[PDB]
Amino acid sequence: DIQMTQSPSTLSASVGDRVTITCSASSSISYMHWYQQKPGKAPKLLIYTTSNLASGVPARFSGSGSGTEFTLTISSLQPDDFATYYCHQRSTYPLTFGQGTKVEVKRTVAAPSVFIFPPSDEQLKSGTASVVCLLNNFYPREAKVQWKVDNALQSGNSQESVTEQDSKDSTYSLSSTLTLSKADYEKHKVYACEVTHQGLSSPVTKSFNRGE
Amino acid sequence: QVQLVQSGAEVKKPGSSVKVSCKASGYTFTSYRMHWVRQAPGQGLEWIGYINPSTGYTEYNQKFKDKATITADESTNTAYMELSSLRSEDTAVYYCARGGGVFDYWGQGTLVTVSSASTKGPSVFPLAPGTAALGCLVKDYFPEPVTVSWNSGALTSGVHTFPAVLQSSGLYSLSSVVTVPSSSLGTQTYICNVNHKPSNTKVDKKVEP
């Protein structure tokens, strides 16, 4: 079937910018449609049949192209426009959608605030220990979080989770969680979370020694 | 006004099947063929197929021919989509969408979770230390979702409540944290209101050092 690669996958832009999103089909198609989506919503139609605007949709959106090359342009970027955007092909079966293009807010560097949390005794009694590192209110998202257990770099046994951009300041916050058995936890002393990020000239290390 | 309402969330076992519904309003049901689409985590939109409520005729995407049977009910104004041989890969939000030209009108989506896991309330554990951060670890629950508020809804600023992760155990886990002034520590109360509807588990957890 017919696939569309979008360009770019992810874009960081400021309010008032000119945004150009490319949709490259793999075989000849007649018309392209463009949808917009925001987390937890069904997508909205913006452009139908290559270049026609849907009712209510602002005239800062336009579409063009033919054959296998189609574009969407936002001439002046607005706060409502930060969302995902998909191109849609409805002229061959199966109907297919582009991979999407995520448009995010550009703003300035901000170093995270780092906090480490030892496992509670309540959890310890159950036989599993969780250690948690928090990176609060930073930009950009790119961040390195190295768990160190008595200086041994851990790899593969943590899980990360990242807030969406903050609607007010456009920062993120991140939690890395290390899991260990109670008995394994008791084998080591120094538990450390080491954070690398561009807003930090040097990496920041938060730690505790097992036993208060 | 032209609004499609789908049925609620589903939590199913591998091998089982489930029939989702989409009731239409605001137009004459038979004049428009009704489509179905799925959105799986790492939100890729894939078209499944449609039924024509008038003929009863159906068209399906190859990828979904083994998976989905789409039927319609002309009297009740609802379209159905049945998914069989459920497997963990079928975990997704499902929509119905109207078939006049491009999809203008969408239902609100139905989340479908396929898992060998069984309902379990979460354990809630404290996350404890100008400003300090604290929170609760909401661990070993199934299925989604969980809601966390602070001090019965009084605190909202500085609250981050992280998306859930899926552990190798087939059970979810998440932390919700908030920053607080450090002079308030031994004296100010901070409570986690954790709510896990699917297992009727409500716990209010106070957090202190």
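Naming: A, B, ... by sequence-line order, numbering from 1 per chain. Determination method: X-ray crystallography, 2.6 Å.
- Of the drugs nimotuzumab, vobarilizumab, ociperlimab, daclizumab, the one that appears at chains A and B is daclizumab.
- Looking at the PDB entry, one finds chain A under the name Heavy chain of Fab fragment of daclizumab.
- Looking at the PDB entry, one finds chain B under the name Light chain of Fab fragment of daclizumab.
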